[PDB]
Amino acid sequence: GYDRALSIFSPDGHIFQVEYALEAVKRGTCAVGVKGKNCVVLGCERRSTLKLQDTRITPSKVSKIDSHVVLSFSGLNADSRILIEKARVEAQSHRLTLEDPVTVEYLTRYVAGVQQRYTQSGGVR
Amino acid sequence: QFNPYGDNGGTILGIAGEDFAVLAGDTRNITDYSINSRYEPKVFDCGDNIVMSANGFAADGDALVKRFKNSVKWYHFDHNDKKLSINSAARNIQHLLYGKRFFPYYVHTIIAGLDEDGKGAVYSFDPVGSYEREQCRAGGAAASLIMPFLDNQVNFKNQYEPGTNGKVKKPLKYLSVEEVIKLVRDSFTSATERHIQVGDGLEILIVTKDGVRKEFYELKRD
Amino acid sequence: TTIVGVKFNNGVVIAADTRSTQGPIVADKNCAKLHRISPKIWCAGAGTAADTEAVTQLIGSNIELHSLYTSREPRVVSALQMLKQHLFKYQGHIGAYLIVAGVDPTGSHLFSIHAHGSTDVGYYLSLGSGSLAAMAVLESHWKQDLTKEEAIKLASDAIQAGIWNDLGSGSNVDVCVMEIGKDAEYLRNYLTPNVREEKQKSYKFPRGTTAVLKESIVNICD
Amino acid sequence: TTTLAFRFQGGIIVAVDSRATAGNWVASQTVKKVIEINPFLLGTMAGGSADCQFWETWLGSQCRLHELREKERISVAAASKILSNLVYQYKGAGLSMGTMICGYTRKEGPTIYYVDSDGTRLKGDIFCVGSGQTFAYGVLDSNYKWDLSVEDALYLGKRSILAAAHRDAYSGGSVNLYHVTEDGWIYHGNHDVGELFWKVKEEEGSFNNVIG
Amino acid sequence: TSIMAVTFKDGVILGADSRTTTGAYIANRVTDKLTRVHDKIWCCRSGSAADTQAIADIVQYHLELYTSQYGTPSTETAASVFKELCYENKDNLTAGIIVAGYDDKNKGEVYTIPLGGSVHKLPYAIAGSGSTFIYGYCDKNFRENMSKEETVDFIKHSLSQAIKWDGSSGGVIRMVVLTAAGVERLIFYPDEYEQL
Amino acid sequence: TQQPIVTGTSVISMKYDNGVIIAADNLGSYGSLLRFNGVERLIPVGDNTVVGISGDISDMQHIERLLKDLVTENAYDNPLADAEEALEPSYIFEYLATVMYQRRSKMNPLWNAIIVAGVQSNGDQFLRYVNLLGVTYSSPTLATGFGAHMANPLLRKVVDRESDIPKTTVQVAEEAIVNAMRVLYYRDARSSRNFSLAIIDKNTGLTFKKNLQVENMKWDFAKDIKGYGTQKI
Amino acid sequence: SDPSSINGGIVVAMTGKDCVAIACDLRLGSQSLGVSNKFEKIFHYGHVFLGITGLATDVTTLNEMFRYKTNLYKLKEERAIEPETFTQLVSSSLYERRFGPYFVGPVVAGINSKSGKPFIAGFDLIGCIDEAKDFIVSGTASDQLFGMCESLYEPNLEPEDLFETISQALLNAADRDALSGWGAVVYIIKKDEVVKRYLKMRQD
Amino acid sequence: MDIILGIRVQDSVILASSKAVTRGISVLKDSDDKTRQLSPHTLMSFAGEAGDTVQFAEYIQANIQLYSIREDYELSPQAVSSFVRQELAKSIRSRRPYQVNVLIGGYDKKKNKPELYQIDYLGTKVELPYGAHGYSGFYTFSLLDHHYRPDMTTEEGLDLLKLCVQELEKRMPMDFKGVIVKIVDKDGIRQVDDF
Amino acid sequence: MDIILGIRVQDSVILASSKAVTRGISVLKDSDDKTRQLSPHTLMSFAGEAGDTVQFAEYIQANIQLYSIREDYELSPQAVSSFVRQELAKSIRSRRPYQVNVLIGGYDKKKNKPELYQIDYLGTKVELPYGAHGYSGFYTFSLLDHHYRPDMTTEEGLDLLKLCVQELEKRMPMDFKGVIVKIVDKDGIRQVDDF
Ligand SMILES: *[C@@](C)(CO)[C@](*)(O)[C@H](CC(C)C)NC(=O)[C@H](Cc1ccccc1)NC(=O)[C@H](CC(C)C)NC(=O)[C@H](CCc1ccccc1)NC(=O)CN1CCOCC1
Ligand SMILES: *[C@@](C)(CO)[C@](*)(O)[C@H](CC(C)C)NC(=O)[C@H](Cc1ccccc1)NC(=O)[C@H](CC(C)C)NC(=O)[C@H](CCc1ccccc1)NC(=O)CN1CCOCC1
Ligand SMILES: *[C@@](C)(CO)[C@](*)(O)[C@H](CC(C)C)NC(=O)[C@H](Cc1ccccc1)NC(=O)[C@H](CC(C)C)NC(=O)[C@H](CCc1ccccc1)NC(=O)CN1CCOCC1
Ligand SMILES: [Cl-]
Ligand SMILES: [Mg+2]
Ligand SMILES: [Mg+2]
Ligand SMILES: [Mg+2]
Ligand SMILES: [Mg+2]
């Protein structure tokens with residue numbers, strides 16, 4: 001198996017691969033979240049250099065993780081699918097063992113844990 | 001077909017007092033109708049004022065004692081020479097036994113010592129790790145002979161105060177080390193009379209705050 | 001059981017231990033394994049306790065009737081023949097293993113019988129679970145032309161070997177000496193090397209200890 | 001063993017005997033068959049003593065880890081399902097367990113779950129488990145109402161174990177009582193059948209089959 | 001067991017070891033497996049000690065009753081009585097018997113009766129667990145019309161080898177000589193036969 | 001799971017005042033067939049230990065190889081291999097006991113009963129038993145197979161307890177062992193007349209005696225025994 | 001399906017100074033199910049007492065059989081049967097069914113009316129007599145009874161003291177057996193008076 | 001066959017017996033009377049192996065009726081129970097034993113007392129205040145231990161019996177199609193038609 | 001577990017499942033729901049080995065719910081049944097197979113048709129107008145062969161179902177404590193509370 005430590009510390013105490021991943025997020029289309037007194041709203045930018053698009057079938061920017069939780073993102077589109085899939089699987093797994101849907105904090109903590117694991121695992125960015 | 005188990009006979013007995021605890025066991029070792037040894041000890045000082053015996057299939061018994069003795073050693077290494085309490089030892093032994101739940105150690109295990117309040121403590125285990133603290137326990141081949149006698153003489157079961165119309169029970173009290181050793185010796189001489197696998201010698205290990213003392217007595221050799 | 005038979009100058013001696021077992025439990029600590037078939041023909045029995053007693057009594061009964069019928073003192077070979085044919089008929093299901101010995105007008109005799117009905121002749125024999133321990137002694141110390149006192153010593157030593165080394169045997173040594181021209185002497189408890197030591201404590205209860213619900217006089221008279 | 005637990009107006013009653021056997025040999029009369037998992041959760045034990053004792057203490061460790069991770073006491077449903085999923089992994093290996101997970105939480109209220117070693121998991125109001133379960137059912141069912149008082153409910157649980165202790169040869173020793181409320185579990189003493197049987201016989205007038 | 005019977009010029013000789021076993025324990029090291037059913041008709045016993053004793057006792061009874069009515073029975077007649085018992089009770093018997101006798105008309109004769117209860121008249125016969133190891137030796141060394149001393153040596157050397165290889169055989173080598181002269185018993189101890 | 005094919009019978013032994021004695025016959029049985037007669041079942045390790053083995057002979061030869069290799073391994077990087085850091089009887093035993101129990105625990109045993117006899121560096125007598133089950137025990141006298149049933153009773157008449165050991169000389173002890181071997185030849189159907197005997201003394205060291213024979217046997221009384229009951233000729 | 005341990009029960013007998021005691025539990029069950037707490041296992045024929053443990057149908061059958069035989073004995077002999085003689089009768093009768101036996105563990109107890117000597121005896125299921133100076137035990141808690149009797153017993157106990165010893169032997173033995181208990185009865189037997197006492201014991 | 005119960009009260013004996021006859025996966029009948037009148041004041045219920053039950057019951061019935069005609073007299077319940085026990089005690093060591101368990105409820109006219117005897121197929125007899133055969137006992141005995149009193153009336157006994165049937169109908173796996181109840185007292189035997 | 005039935009009519013699928021959970025000689029529960037909603041228009045009933053049943057049902061439920069979230073779309077009853085069959089077909093050659101039999105009732109919204117699938121533990125799938133598992137079929141199939149028509153209403157189907165339960169309650173040996181009935185149609189899944 002490919003083992004290389006890609007995410008490593010630099011002399012100044014930075015992990016450049018993690019910091020360069022933030023630059024990819026900065027390149028991505030804007031996403032915004034605002035929560036009211038009785039609701040949350042997720043807003044997302046879509047760039048208009050793409051005409052002749054088919055909006056029926058094109059992947060939507062906001063994804064349902066369960067019937068009560070949603071996930072939007074900024075950055076690499078292909079990368080987001082992997083996180084969304086894992087989150088959706090964990091959502092069903094939680095319902096199965098705890099007999100209760102995930103809290104938003106729990107689902108976030110899981111997704112965040114997956115992201116962290118990819119910062120100190122060999123062979124992955 | 002190969003049978004991985006055997007029966008080495010013998011019997012063991014643990015009693016707890018106020019500030020002490022005894023763990024006794026006969027020294028005879030057998031297979032079928034033959035005597036292997038007239039003096040083969042099976043009650044061991046394991047350190048930290050814990051005495052232990054694992055009676056039944058001797059090979060499993062020795063293996064277990066060996067593993068627990070080793071567990072005590074590593075407990076010191078990993079936790080700054082901390083004394084392993086009798087309750088902690090008991091829980092540790094449960095995991096040793098249950099670890100082989102699907103290929104069990106064929107033994108009745110008893111340990112004795114002092115609890116963390118200085119009071120006498122006896123714990124007993126089944127072959128797969130269930131345990132319980134008691135004032136009193138007999139184990140092994142003659143357990144069924146000795147145990148009911150202990151219920152009657154240690155825990156005063158079925159004994160009522162004379163003249164009270166069987167209404168007031170005989171009150172529970174701690175026994176002196178002298179009285180306890182009398183009961184142990186009588187228990188084993190009785191067991192030796194009526195059980196063929198019991199005899200030759202009796203070895204008692206007494207546990208106080210001062211340490212672990214030993215006493216030996218002859219038993220009938222037939 | 002351990003049982004033996006030894007021939008000497010002017011007759012034959014047989015011996016036996018006195019332990020009766022029930023699995024690993026000693027049922028009888030002083031049972032009689034030496035049986036009288038006729039006044040001067042005696043039997044030592046190992047195996048199923050009821051079978052040895054029943055088969056010895058039946059043949060003993062028929063031997064008495066035969067002796068009265070023929071106006072003759074019974075012969076050992078007659079008891080041997082009647083026992084073996086009875087046991088053979090039952091194909092080993094009657095678990096009687098016997099050492100038959102005695103004196104008669106023909107002389108002194110020593111035989112053994114097995115459950116399936118086979119008989120053996122010898123100057124020294126041993127049967128039972130402790131027969132190997134006993135035979136080891138007999139093979140070590142036996143010689144031709146033994147005296148009465150030497151044969152008793154050898155026989156009892158062979159039983160002792162069983163008592164100490166075989167878990168199936170224990171307690172005391174019974175002996176029967178059958179000499180030519182003399183009455184047979186049955187030596188019940190010839191050796192008692194397994195006396196129970198004084199108990200450490202009297203377990204005499206204070207009167208009233210046991211709780212009672214009802215009392216009543218029982219009528220045994222008519 | 002005989003163990004029961006039932007739901008009622010004032011919470012949950014849990015009652016167990018204290019006998020342990022190896023065939024016909026009575027091995028112990030003082031076994032603790034209720035396991036205190038936390039101040040709001042109880043577990044009952046029937047079947048193999050090592051299996052029950054080992055895996056229900058293990059269950060308590062898993063429940064502690066839940067409240068450390070989630071900053072919240074585990075639900076009765078989730079606790080029972082940890083145990084049932086565990087024994088299901090060992091299905092066929094020969095584990096022997098009949099357990100009842102009893103407790104109170106805010107979202108659920110008083111709840112009882114039956115969990116056994118062939119993987120059965122059932123929510124319910126009344127269960128009796130063990131070799132003497134039928135004897136306990138007979139008394140419990142015929143006297144059960146939802147509107148029982150705390151005092152009467154405690155007695156019925158005690159009386160049902162006594163019934164089984166008497167008739168079932170593999171049940172006896174003493175009765176251990178527990179009451180589970182919104183505030184947690186409360187221990188209601190060890191009651192030796194030696195004294196309890198005669199006390200109940202005299203005061204209640206029952207057990208006329210026995211020589212008084 | 002290792003047993004054999006061998007005809008020769010003057011009659012017949014029977015031979016046997018003296019070992020009786022229960023598993024690997026030797027219950028009797030001085031057994032007599034050569035037994036008299038009539039004055040000059042003897043048999044070698046192998047298999048169950050109980051069965052062979054019971055059979056021999058019945059045969060002895062039959063031949064004693066035969067003699068009372070019809071005079072001395074032939075060796076063939078004795079073998080027939082053994083056969084009748086062994087054949088008709090084949091399901092309940094474990095007995096391998098060699099019958100050997102001396103007539104004055106027929107001289108020495110040997111009949112062997114295996115487990116099934118069949119009868120086989122032979123110049124010499126071998127049987128018992130230890131016989132397997134000496135088929136080769138006995139076939140190569142047997143000659144008809146041997147002398148007494150030659151036949152004694154043949155049996156002694158044969159059973160010596162059978163004893164050496166078979167754990168179920170041992171002790172002394174007993175022999176019984178059947179001739180017109182009478183009946184002679186011979187015994188040979190380990191110290192002699194082991195170093196042959 | 002195994003079954004033993006070529007087998008060895010009893011191994012007997014005892015302690016005496018200055019050391020230990022051990023003996024075993026030279027037979028390799030193949031069921032009832034007494035197949036091999038030149039089999040040595042006593043294997044010396046160094047000059048202070050003898051391992052006596054009964055049971056399966058293929059497994060015995062495997063154990064021989066292990067002990068042989070143990071001596072080689074102990075010599076590696078060990079300047080005191082023939083002095084303070086030489087192999088003790090207790091080290092050799094504990095190694096075998098560990099192996100025996102591990103093999104039974106894997107349901108693939110070495111089908112043997114083993115007695116390790118020797119003298120420790122401080123002069124103490126060593127005598128301990130181990131078998132296919134991993135069962136271990138020690139006693140003034142030890143024996144395997146039929147020896148346990150017939151030899152032990154005879155040897156225990158000499159040394160019945162611990163206090164009898166100082167009172168027992170090497171002459172008396174060897175006499176008892178040689179007598180026991182005779183009794184086993186009378187009574188064990190899978191025994192041979194030829195045997196080996198080994199003495200390990202704290203003063204005179206290891207003495208290994210080969211090609212011994214059972215002698216002074218009583219067989220003469222056999223001539224008087226006729227029939228099985230009623231027979232007179 | 002082990003005939004001797006389907007129903008359960010125990011019997012014990014002891015000797016004292018010019019007296020004998022015989023005691024039994026009252027349980028009759030069907031494996032785990034307790035059925036009856038009034039099932040007495042001790043019977044008497046004149047002054048000879050017989051206790052029987054084991055399969056309950058055979059207990060009943062044998063009682064009826066020995067009542068039958070002792071009644072005919074008394075009519076022909078014109079005297080009550082003695083313990084030594086009755087012991088032989090029990091042994092003969094059991095061995096008659098050698099290859100189809102009654103699944104029982106009988107115990108004889110009584111005082112010989114001529115000599116005044118205390119007598120006890122025990123049997124296995126096929127009739128082997130077990131005589132004893134001290135005590136005889138029988139039933140599903142026989143191991144327990146052996147242990148209790150061997151420690152508690154001393155010779156030449158007075159009737160009142162002997163009662164305490166035998167009662168404690170039975171009670172504590174019964175409490176360690178699942179199939180024994182549910183009440184108990186003790187018979188104290190002197191030369192010409194017999195006292196019968198029911199013991200208070202735990203009912204589980 | 002399956003469920004047979006019995007309760008002895010102050011002045012009568014009450015027998016309850018299930019109505020179902022099942023073979024395989026089919027309930028062939030739901031009105032079966034699992035009892036026979038042995039004499040005017042003696043009733044026997046039965047349960048066990050198919051065929052054996054009725055064959056045994058009718059055989060006993062014939063023998064008791066024969067006795068009654070011969071002596072012009074009714075045997076006591078105790079005497080009848082002893083006869084039945086002996087027949088089963090013989091049977092258990094036969095080539096093919098009767099696999100039948102019975103309850104015998106009777107009123108002894110000489111003693112003026114009700115009597116209930118429980119006898120299993122081995123020939124194990126006991127007199128009881130209340131009895132059951134098969135798995136029924138595992139529920140009813142503990143229930144009756146609690147609610148039973150020795151001085152109860154026939155009506156109190158029927159209510160006590162209703163309590164048993166309700167418990168069995170709640171916790172028993174099989175549908176036994178209710179029970180036929182019969183009362184035995186000083187006036188003989190009668191059937192309760194509405195239960 | 002024991003009794004699970006299914007009837008497909010004109011516009012709906014009706015599933016009936018017994019309420020009893022029995023272990024040994026004790027009915028532990030009489031209100032057990034032996035079904036799981038896989039999707040809004042698909043329902044699965046189940047019966048078989050203890051533990052296996054619920055474990056399998058919930059495992060399938062989790063997988064179908066996962067699919068629904070991923071694709072934002074409901075699988076057709078036919079597609080769900082094929083997925084379930086394959087899982088059981090894998091299982092039967094495993095170290096320890098799922099001993100579970102299932103019925104899958106669904107309403108296909110694209111076809112506007114009700115669908116009933118019967119699948120056993122071996123992975124044997126069939127589409128049927130009416131189905132049953134276990135011993136139930138031995139009574140209900142012949143009954144439905146006679147009384148069933150393809151154009152029946154939901155109400156007619158419930159009456160037809162009552163006829164089945166009545167027959168089972170009459171002839172089945174065990175007390176299964178009635179049934180929970182659920183209907184699957186164009187509007188989804190609902191439970192009949194009074195049956
Ligand atoms: C030595 C001690 C051992 O070989 C001797 O050989 C003695 C012989 C003397 C006493 C004549 N043997 C015994 O003591 C003998 C050992 C034994 C046990 C079982 C089978 C064969 C031999 N013990 C007995 O025979 C006892 C006698 C009692 C103590 C009075 N009997 C039993 O143990 C009976 C065996 C009966 C039996 C039935 C069918 C075939 C063979 C034997 N067993 C029981 O009593 C066990 N059980 C108790 C509960 O009730 C059911 C029976
Ligand atoms: C009622 C009282 C009876 O069913 C309850 O169900 C209790 C539950 C309480 C104690 C938690 N159950 C038991 O008492 C239980 C019954 C049982 C026995 C065996 C298997 C399953 C269920 N008893 C035990 O678990 C005992 C408890 C001991 C005596 C303290 N343990 C044993 O019987 C052990 C271990 C059995 C075992 C299980 C799995 C693998 C291997 C072994 N067995 C022994 O100690 C064997 N034997 C005892 C007699 O002495 C010789 C050795
Ligand atoms: C050689 C040894 C083999 O061919 C000889 O044939 C001799 C013949 C002489 C003695 C006439 N045969 C034996 O020694 C014979 C070997 C034998 C064993 C079993 C079946 C057939 C042949 N040994 C015996 O017959 C002994 C004699 C006793 C010890 C005095 N009897 C037994 O070994 C009995 C036999 C039971 C039997 C089995 C099958 C058919 C008939 C009888 N067996 C036992 O006692 C069993 N024993 C119990 C203890 O555990 C070890 C086995
Ligand atoms: Cl012979
Ligand atoms: Mg002893
Ligand atoms: Mg009980
Ligand atoms: Mg040989
Ligand atoms: Mg009890």
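Within every chain, numbering begins at 1; the chains are lettered A, B, ... in the order of the sequence lines, protein sequences first and strands thereafter. Lab note: partial entry displayed, contacts enumerated inside displayed portion only. Note that ligands are numbered from 1 as they come in the structure, with each ligand's atoms numbered from 1 the same way. This deposition comes from X-ray crystallography, 2.6 Å. Only this structure's heavy atoms are used, side chains among them; waters, hydrogens and symmetry mates stay out.
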ask   = Which drug or candidate compound lies at ligand 1?
value = carfilzomib (bound form)
query = Which polymer chain sits in most contact with carfilzomib (bound form, ligand 1), and what is its name in UniProt?
reply = Proteasome subunit beta type-2
request  = Find all other chains that place a heavy atom under 4.0 Å from carfilzomib (bound form, ligand 1).
outcome  = C, G
query = Is C:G128 near carfilzomib (bound form, ligand 1), meaning one of its heavy atoms is under 4.0 Å from it?
reply = no
request  = Write out the residue and atom name of the closest protein heavy atom to atom 25 (O) of carfilzomib (bound form, ligand 1), then the distance separating them to 0.1 Å.
outcome  = C:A49 N, 3.0 Å
message = Measuring from atom 6 (O) of carfilzomib (bound form, ligand 1), which candidate in G:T53, C:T1, G:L55 has the nearest non-hydrogen atom?
response = C:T1
query = Non-hydrogen atoms of G:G105 versus carfilzomib (bound form, ligand 1): any pair closer than 4.0 Å?
reply = no
request  = Report, in ascending order of atom number, the atoms of carfilzomib (bound form, ligand 1) lying under 4.0 Å from any heavy atom of C:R19.
outcome  = 2 (C)
task = Note the single closest protein heavy atom to atom 32 (C) of carfilzomib (bound form, ligand 1), along with its residue, its atom name and the distance in Å.
result = G:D124 OD2, 4.0 Å
key: PDB molecule name for chain G   = Proteasome subunit beta type-3
request  = Using protein heavy atoms only, decide if any is under 4.0 Å from atom 43 (N) of carfilzomib (bound form, ligand 1).
outcome  = no
ask   = Nearest heavy atom to atom 12 (N) of carfilzomib (bound form, ligand 1): which of C:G45, C:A32, C:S20, C:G47 does it belong to?
value = C:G47
request  = Specify the organism recorded in the entry for chain C.
outcome  = Saccharomyces cerevisiae
key: Contact partition for C:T21 relative to carfilzomib (bound form, ligand 1), non-hydrogen atoms under 4.0 Å   = both
message = Could you tell me, atom by atom, which parts of carfilzomib (bound form, ligand 1) come under 4.0 Å of a heavy atom of C:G168?
response = 1 (C), 2 (C)
Atoms of carfilzomib (bound form, ligand 1) close to G:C128 [distance to a heavy atom under 4.0 angstrom, numbered from 1] = 30 (C)
Enumerate the pairs of nitrogen or oxygen atoms, one from carfilzomib (bound form, ligand 1) and one from the protein, separated by less than 3.5 angstrom; state names and distance to 0.1 Å.
from                               : atom 1 : to     : atom 2 : distance (Å)
carfilzomib (bound form, ligand 1) : 4 (O)  : C:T1   : N      : 2.9
carfilzomib (bound form, ligand 1) : 6 (O)  : C:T1   : N      : 3.3
carfilzomib (bound form, ligand 1) : 6 (O)  : C:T1   : OG1    : 2.3
carfilzomib (bound form, ligand 1) : 6 (O)  : C:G47  : N      : 3.1
carfilzomib (bound form, ligand 1) : 12 (N) : C:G47  : O      : 3.1
carfilzomib (bound form, ligand 1) : 14 (O) : C:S20  : OG     : 3.3
carfilzomib (bound form, ligand 1) : 14 (O) : C:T21  : N      : 3.1
carfilzomib (bound form, ligand 1) : 23 (N) : C:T21  : O      : 3.0
carfilzomib (bound form, ligand 1) : 25 (O) : C:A49  : N      : 3.0
carfilzomib (bound form, ligand 1) : 31 (N) : G:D124 : OD2    : 3.2

